[PDB]
Peer 1: 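Looking at a complex of carfilzomib (bound form) and Proteasome subunit beta type-2 here.
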Amino acid sequence: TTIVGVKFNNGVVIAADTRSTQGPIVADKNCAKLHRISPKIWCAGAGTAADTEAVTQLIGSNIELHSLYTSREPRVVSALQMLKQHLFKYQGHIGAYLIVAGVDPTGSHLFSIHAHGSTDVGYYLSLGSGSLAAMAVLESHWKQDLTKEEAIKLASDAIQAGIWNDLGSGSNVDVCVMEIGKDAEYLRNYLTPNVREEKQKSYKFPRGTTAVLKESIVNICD
Amino acid sequence: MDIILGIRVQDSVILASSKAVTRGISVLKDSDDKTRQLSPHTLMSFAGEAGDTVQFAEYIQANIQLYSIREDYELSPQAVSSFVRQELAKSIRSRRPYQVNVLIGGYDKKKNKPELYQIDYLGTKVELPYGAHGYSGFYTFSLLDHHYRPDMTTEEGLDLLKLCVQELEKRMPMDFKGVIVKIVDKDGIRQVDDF
Amino acid sequence: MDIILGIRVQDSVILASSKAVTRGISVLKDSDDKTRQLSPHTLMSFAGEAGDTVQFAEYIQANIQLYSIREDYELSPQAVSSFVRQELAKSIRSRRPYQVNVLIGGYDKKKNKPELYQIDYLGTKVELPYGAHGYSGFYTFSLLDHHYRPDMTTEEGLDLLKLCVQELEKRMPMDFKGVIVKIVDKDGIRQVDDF
Amino acid sequence: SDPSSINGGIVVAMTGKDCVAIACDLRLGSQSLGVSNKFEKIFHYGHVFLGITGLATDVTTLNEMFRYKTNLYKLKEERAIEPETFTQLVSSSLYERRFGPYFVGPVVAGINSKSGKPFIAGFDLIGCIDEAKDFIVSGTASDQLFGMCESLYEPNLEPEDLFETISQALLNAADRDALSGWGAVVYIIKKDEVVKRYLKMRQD
Amino acid sequence: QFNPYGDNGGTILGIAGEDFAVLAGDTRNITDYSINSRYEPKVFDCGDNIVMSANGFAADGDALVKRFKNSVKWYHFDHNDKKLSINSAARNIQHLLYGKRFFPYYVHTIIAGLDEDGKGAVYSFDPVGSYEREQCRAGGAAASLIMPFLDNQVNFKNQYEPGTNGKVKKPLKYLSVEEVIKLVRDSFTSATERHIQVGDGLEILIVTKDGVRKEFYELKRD
Amino acid sequence: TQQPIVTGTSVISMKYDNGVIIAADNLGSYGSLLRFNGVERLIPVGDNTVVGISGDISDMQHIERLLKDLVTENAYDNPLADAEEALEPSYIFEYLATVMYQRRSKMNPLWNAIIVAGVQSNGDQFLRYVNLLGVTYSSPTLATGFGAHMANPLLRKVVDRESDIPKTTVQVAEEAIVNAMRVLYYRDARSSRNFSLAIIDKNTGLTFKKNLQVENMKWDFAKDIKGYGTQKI
Amino acid sequence: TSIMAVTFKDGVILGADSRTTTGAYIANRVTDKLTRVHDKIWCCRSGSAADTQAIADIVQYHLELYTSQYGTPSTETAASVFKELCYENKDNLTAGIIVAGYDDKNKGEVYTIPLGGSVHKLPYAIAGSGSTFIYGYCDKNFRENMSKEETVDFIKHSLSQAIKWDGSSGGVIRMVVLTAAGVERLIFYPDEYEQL
Amino acid sequence: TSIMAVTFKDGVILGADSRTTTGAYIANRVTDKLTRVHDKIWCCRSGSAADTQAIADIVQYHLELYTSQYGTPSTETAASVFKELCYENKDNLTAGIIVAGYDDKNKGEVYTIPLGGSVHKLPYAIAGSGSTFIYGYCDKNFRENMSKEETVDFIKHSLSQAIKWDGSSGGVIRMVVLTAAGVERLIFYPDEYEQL
Amino acid sequence: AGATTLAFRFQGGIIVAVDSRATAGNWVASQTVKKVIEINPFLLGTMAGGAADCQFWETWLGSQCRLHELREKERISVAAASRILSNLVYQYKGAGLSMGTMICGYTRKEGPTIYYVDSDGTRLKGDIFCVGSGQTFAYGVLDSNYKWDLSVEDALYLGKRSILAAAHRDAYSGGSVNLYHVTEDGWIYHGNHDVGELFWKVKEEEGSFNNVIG
Ligand SMILES: *[C@@](C)(CO)[C@](*)(O)[C@H](CC(C)C)NC(=O)[C@H](Cc1ccccc1)NC(=O)[C@H](CC(C)C)NC(=O)[C@H](CCc1ccccc1)NC(=O)CN1CCOCC1
Ligand SMILES: *[C@@](C)(CO)[C@](*)(O)[C@H](CC(C)C)NC(=O)[C@H](Cc1ccccc1)NC(=O)[C@H](CC(C)C)NC(=O)[C@H](CCc1ccccc1)NC(=O)CN1CCOCC1
Ligand SMILES: *[C@@](C)(CO)[C@](*)(O)[C@H](CC(C)C)NC(=O)[C@H](Cc1ccccc1)NC(=O)[C@H](CC(C)C)NC(=O)[C@H](CCc1ccccc1)NC(=O)CN1CCOCC1
Ligand SMILES: [Cl-]
Ligand SMILES: [Cl-]
Ligand SMILES: [Mg+2]
Ligand SMILES: [Mg+2]
Ligand SMILES: [Mg+2]
Ligand SMILES: [Mg+2]
Ligand SMILES: [Mg+2]
Ligand SMILES: [Mg+2]
């Protein structure tokens, strides 16, 4: 994985690639690494795939119940605190590396969380196997007072750096924009620069090619 | 090493189990019966880690006998095999698993059919026409694959079984001191005294 | 597990060696002769690491045969045993030692006496009335200690040897597929074909 | 001593035009030794199909478990479970054993009875969902299946064409794997009919 | 402790026709999750209409090729410019590999060319020198992905004649150079999708009685 | 079997239209200790080649001696030593690559990663890498250590393939290298601010720049960063 | 890390670098290692980022609950809570913490808590991987009852050298001043401190 | 060990502690780690006592044979002979040596040779386990072209701090002065240097 | 690695039968491997264990056998040929060679002869030998059906049927069957037989493998 987060004027943007690996094999060419914790708090996940999904759903569930209990819109620091204390308790065995971002009544926020439970604050962050390729871009092109359109460009460029240069990352670029006073816009497959070219030949077989021993109707009804 | 074989024929199930019990460089016994009657028409042979084998077999025996008394009814071989599999499936993730492999030969009185189930220590169940555990199948399966017919009689099954034991006695490194053979059919369980 | 036995009686030396050759879970052969004639009145049986056994035995055989031709004279069993011991004594401190244990049965024509020498792979030589290598002595020595008399005949020695093989066949974990028996006396070396 | 490659086996699933297909080999072994050629790895709970590869005791155990859970689901909900919902149930159940997992590679396949949309999904042993438009692979010849499916597959295949594609993907993958083969089964699943075909393959 | 071996990834493919033979290979060179080069050739013209590739550990692969090229040169000096036949080259390469039996070249070697009857020939070697002549052979990282596809499309395995109850096999036949390159291109684009170490470029060397021709095709760079 | 003691970090390089650029910082680390600060890791050979070396510094000094001795030996009985029969980058590289592979095959490696940058006699750019394993590869951009992870992605945005080389000027290429060295100073814990840079052009020849510093850094935003999550002060 | 806390005439100043590492990669170059556990009780964190964060969060919770019941806690009390956590969980923690605070009665106080969980009250303390290189410098240059400006220069020069020699230390120099006046945050950038 | 060599106006001064350890036991508290390989080429020895002695003895032999044939060797030449031994036998040696010498042409020169066998020519050098604690102090206090008395004080204060913090360093401070005037040995005892 | 190789002596000479599969773990590398090495027109060798070790040294053996008959003007005995090979590998013992082979030949003074030669120095003369991962399966068919007075036709089938037995059960054995008949005048190749087609054919004609649906 490559994942990033970038702060801008009136909010925050996060992005991710869409490759899922199983050893040297690409298991999913278009997997979703951007997770919704609450409507305006989203999370980018790297590391152990099941752990990032499981931990983000658990905290998201508890955040919802908390939001209902307190009659308030959830805060990013609450998700951050709940996540890090959960991860710390499991001493890094839950391999979730997250970039947590969102907007709440306090403002716009951007954090990262590591598997062992350490958190960091920043205007621009990157995690995953392609974090170095992404961070190289962020360190080269980031500046203070970015606009919405500039932040999306920078974030996607950082993900592209991972896609092209890191073998752990690939395929497409997902983006989520969280602006203050607005609904969060989840941009699934914001870029698709890895479209498979037309095949040279069709491998549709003549019917009856496959040898068959037995046929039978399966009963799915009651 | 501990040799346990099983053959399901037309009207019966035949189980053959080695008689040797070895500990270190000494054959302590040469007449050991590696089986327990679970119910009048169900027999289980076993092989594996010392102590675990008998402890497990008798624990199963007690549970099936308890069921028989409670319901005044004999459980089907399929039902018994499923119960046994579950116990081994629980065991494998325990603190100290039962290292026991079993064959379950039974005659289903409702279906009027013989049934042979092979279950390893992991809880891996399969219904088979013929089965074995350990290295035993490495020698015998080629013979069974060849000569085994599904419509065989009990006598034909015993002759096929003799062929397997002869091959084991020829090519296996150890002396397993022959086998005790038992037959399971509609009339219940009986032992072949001369083999 | 390779069985080699030796018994020195009044007028001869008797060597008994197992016929099995096992590799993995398969008995590759059941008629293997684990011995070499070093000279007309000297016989050496052997057991140990695969390959090393035969390679060593034949190397010794060649050296003794070379001596016989050079001097037109047969070396005494004592002299042959000392030569063999030295070769093993050299071997144990080599880069790759011969892992071979041997018994040397011979009839000294000058003394008119049978002689049995036991030499392990370290080069540990002993002259004995009866000897063995490996686990074989663990079973048989109690029988030999009891029934062995120094004035026995060759026929009495063979009956005593039968008693040992029977005990091994009863209590040893593996099947060693019987033994080839050879007798060394004043008239030379001969094999007992029916044992 | 690698639990996921002791027994061997493979499962593959594919989508077509208003249909899905799921197929599996029939081998069950103990490492080098072939033990059974009738060990089916595909199960169904109502109209939802589940293939499972990996450790055979866990395959059997999980089938019994999901049969348990889908029967109770039906009694309380008064309706059969859908593929999307079942997929989440499988994921939840597997992650429950996160630090003592079932050594399996399950595959869900089916058609939603309400929307009519074809659905397939794959999982890792701790419940990570791998949803896909095209195909899902699992087992000891997953590498081989990825290679066949990625070249042979095309979108919107008719049931009769889809059958040939999935069958060829499985057969040729199985023949390049020692621990897979010994027979094969293919399920062709339409909205209200399901056909099951046993394939003829080499038995070595 | 010092490990003298490495894995430079990559995958190669040799197919033999009736009067021709091809030896393909991707141009990507990697270490772990990094790309070292997007274009680093590893299929070479060694003279006498022999093409060769030694895939795996690139340092050993370059050494072997370099030694074989040198072997071809000295074969000419010592035997009056005699042409080294493909079968003679194969046997020579066995001795090169087996000469380091106890400190092996960590490579999978494939050579291609024409035999002495003018017919297409491919030979494949294990790291220690066992070799075999074959119609079809994939080597390297994605060999497991490519090879079963070739079995199906080149050797027509598991394909039976329609309507014949799976009794009559689909008949073996020689493919054209055009049909073979189609299979090569589709083999590598499929492997590129699912294997992270495969991509960037595809270079094919085709061998006919006329000589050695090259063809290059781009692959996905993610 | 070795273990590296005093080490040098990344060496980065790229091709441009008329030549090549190579750079490396002036640090000799002793584990986590930044022990030596006046270490030159770019070593020119003649007026057309620069060898950039990372890894063990004692082994680097050995290679310096080999290259210096190579120039001496080439001049022996060679009237064209400063002309047609002068040392080429390809000759110098193949020599080192031969040595590196021989040493790994004796299980006694030179614990280095080397990049040989230069211009051939026919004007062609030469850029090739070799390491302690004897592994070799060439690319429009090459980098060792952290540079491979962070610099290559930035340099490949300028020259992503072969066709981008004639389109890339020396001004643009130098700018990218200098930018990359700044990023390495931000993110590599065994890097220094001071570095050397060398340009080998087919027209203007060899330009060797010493005592360069990373500048135009962004640190101001650090003042706004407080705590690790909840802390407001 | 390089961290230090120094008592002086008007109170105490905490100092730290801003580098966070994963092997040789700098995961964060603008880290804040000076963390508040109470209004005028702060700590310098070294060792595991996860462990030190978890500890500081628990201490902040304990001191907030202490304050609700018993009023403002002493710096010694804060150090005792840190110690209790570090000592009782010594087998599972990697945390080198310096506790610094300002009372009106006790003035500036500094307590250092090494790996084992021992407590040591000192006039000044240095810790972290980069502290090794400045034991000599700090010992020769430290004086009691320094002024604010002298103390700032002392910390600046000290951490400048620690950063210069330690690869595991770098970035900016953060400082937190604790006096009766209040809480002042300071920052110093590379271009300034490097050429000292 | 704590050792150092410092160039100055009139030449170079070598400095060292006198402690030799076996674990935590001090096997020799009055060790002489400053050893002559030529009239005005000396070395500071750190690491294995056996290895450094064997090396210095071989170098002294090489430089004696050099002198018989080619006249007085340069300090660079002496450092090269040390390097050759340390580099080619790096797998079997544990020796951190500083080579210091006085030429009339080149004046005072200092070469340091770390574990790997690399050579580094410097204005001054510090080495040994105790050097870690004075990197900051020495960097801040070293100046080029110091006087003899200034250089003696610099070494004295530096090794005083190294000894103070390093358990593997202690005893007396030995020094050797190399100038055109000749060779002067100096010694400084605990009662003097400890209370600096 | 995985393999099933056999060789047995009988009235009409020697039958040699092998499988064709090569595996690198679970991955099936090849189905077309040659596990009979044609040392010369009169001598055959089987491949089990290291493929390279068997190929290289049994080819080398043929070179030594050719040199023997050039110097002695007489065919080399199977005893002497097997001995050259076993003495050679014994020199390399401990280095890591992996070899389990049957050296097969038919001469005047010896008759049909088989020597099992192995990488740890073993050299055994015998009538029947089976080597490889599927050796146990093949032994069972061989032992139960073997007789000295077998015909050449029946002996060839027995060797073919024995490999099939192993190919079926042993995962690391299969692909195809290669048959050879060794006579005093030289060996005769009896074709390549795909196990896929051979299995179904034997099932139908023989009535065996009822456990398998077809
Ligand atoms: C980039 C792509 C990699 O750096 C990203 O970080 C992504 C993150 C996204 C998808 C959330 N990471 C992965 O894709 C991740 C990489 C990985 C692999 C192994 C351990 C940690 C991280 N891949 C996965 O998590 C896959 C997801 C599958 C493809 C749906 N899962 C596996 O590879 C599992 C690992 C499960 C696991 C168990 C215990 C501890 C840690 C992880 N492995 C397998 O399934 C392998 N094998 C299959 C056959 O059955 C036996 C198990
Ligand atoms: C200086 C750097 C050293 O004294 C400072 O002390 C700072 C203190 C600040 C940040 C509070 N310390 C670190 O930066 C600290 C160094 C460290 C590393 C390991 C153990 C103890 C201390 N770094 C970390 O804690 C990082 C922070 C992450 C990158 C945000 N975490 C890791 O390096 C984790 C920690 C795992 C761990 C191991 C042992 C004890 C506790 C935690 N390690 C990894 O992620 C593993 N990593 C994988 C890649 O290979 C390198 C190791
Ligand atoms: C300071 C102390 C460290 O930098 C100095 O460098 C001095 C240098 C002077 C004396 C030249 N170094 C030592 O005093 C040196 C420390 C040391 C120890 C081990 C390896 C390298 C350096 N001490 C020694 O060399 C002593 C001298 C003896 C006591 C006279 N020797 C040992 O400690 C020997 C050395 C064996 C050895 C091990 C590895 C590499 C080289 C040599 N060790 C022992 O006798 C074992 N001893 C047994 C009791 O348990 C503790 C270890
Ligand atoms: Cl932190
Ligand atoms: Cl000393
Ligand atoms: Mg198969
Ligand atoms: Mg090799
Ligand atoms: Mg790819
Ligand atoms: Mg620093
Ligand atoms: Mg001291
Ligand atoms: Mg098979």
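Within every chain, numbering begins at 1; the chains are lettered A, B, ... in the order of the sequence lines, protein sequences first and strands thereafter. Indexing begins at 1, ligand by ligand and atom by atom, following the structure's order. Part of the entry, not all of it, is on display, and contacts are counted within that displayed part. According to its header, the structure was obtained by X-ray crystallography, 2.6 Å.
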Peer 1: I'm trying to find carfilzomib (bound form) in this model - which ligands or chains should I look at?
Peer 2: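 All copies: ligands 1, 2 and 3.
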Peer 1: Give the letters of all other chains that come under 4.0 Å from carfilzomib (bound form, ligand 1) at a heavy atom.
Peer 2: A, D
Peer 1: For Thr52(A), counting its heavy atoms only, list the atoms of carfilzomib (bound form, ligand 1) lying under 4.0 Å from any of them.
Peer 2: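 The list of qualifying atoms is 11 (C).
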Peer 1: Less than 4.0 Å is my threshold; does some heavy atom of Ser20(A) fall inside it relative to carfilzomib (bound form, ligand 1)?
Peer 2: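 Within the 4.0 Å threshold, so yes.
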Peer 1: State the atoms of carfilzomib (bound form, ligand 1), each with its element, that fall below the 4.0 Å cut-off from a heavy-atom position in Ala49(A).
Peer 2: 10 (C), 11 (C), 24 (C), 25 (O), 27 (C)
Peer 1: Identify the covalent attachment point of carfilzomib (bound form, ligand 1) as residue and atom, or report none.
Peer 2: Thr1(A) OG1
Peer 1: Using a 4.0 Å cut-off to any heavy atom of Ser4(D), which atoms of carfilzomib (bound form, ligand 1) qualify?
Peer 2: 50 (O), 51 (C)
Peer 1: Determine which UniProt-annotated active-site residue of chain A is nearest carfilzomib (bound form, ligand 1) and quote the heavy-atom distance to 1 Å.
Peer 2: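 Going by UniProt active-site residues and heavy atoms, it's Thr1(A), 1 Å.
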Peer 1: If you measure from each heavy atom of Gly47(A) to carfilzomib (bound form, ligand 1), is any distance below 4.0 Å?
Peer 2: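 The answer is yes, since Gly47(A) has a heavy atom less than 4.0 Å from carfilzomib (bound form, ligand 1).
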Peer 1: List carfilzomib (bound form, ligand 1) atoms under 4.0 Å from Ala27(A), heavy atoms only on the residue side.
Peer 2: 29 (C)
Peer 1: For atom 33 (O) of carfilzomib (bound form, ligand 1), state which one of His35(A), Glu53(A), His93(A), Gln22(A) supplies the nearest heavy atom.
Peer 2: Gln22(A)
Peer 1: What molecule name does the PDB give for chain D?
Peer 2: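 In the entry it goes by Proteasome subunit beta type-3.
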Peer 1: Suppose I only count heavy atoms of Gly168(A) and a 4.0 Å limit; which atoms of carfilzomib (bound form, ligand 1) are within that range?
Peer 2: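 Answer, ordered by atom number: 1 (C), 2 (C).
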Peer 1: Give the numbers and elements of all carfilzomib (bound form, ligand 1) atoms closer than 4.0 Å to a heavy atom of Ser129(A).
Peer 2: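 Every atom of carfilzomib (bound form, ligand 1) under 4.0 Å from some heavy atom of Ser129(A): 4 (O).
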Peer 1: Can you tell me the protein heavy atom closest to atom 31 (N) of carfilzomib (bound form, ligand 1) and the distance?
Peer 2: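 That would be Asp124(D) OD2, 3.2 Å.
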Peer 1: Can you check atom 3 (C) of carfilzomib (bound form, ligand 1): any protein non-hydrogen atom closer than 4.0 Å?
Peer 2: yes
Peer 1: Define the binding site of carfilzomib (bound form, ligand 1) with a non-hydrogen cut-off of 4.0 Å.
Peer 2: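 At that heavy-atom cut-off, the residues are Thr1(A), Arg19(A), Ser20(A), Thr21(A), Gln22(A), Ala27(A), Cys31(A), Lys33(A), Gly45(A), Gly47(A), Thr48(A), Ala49(A), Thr52(A), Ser129(A), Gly168(A), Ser4(D), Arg98(D), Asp124(D), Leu125(D), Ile126(D), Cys128(D).
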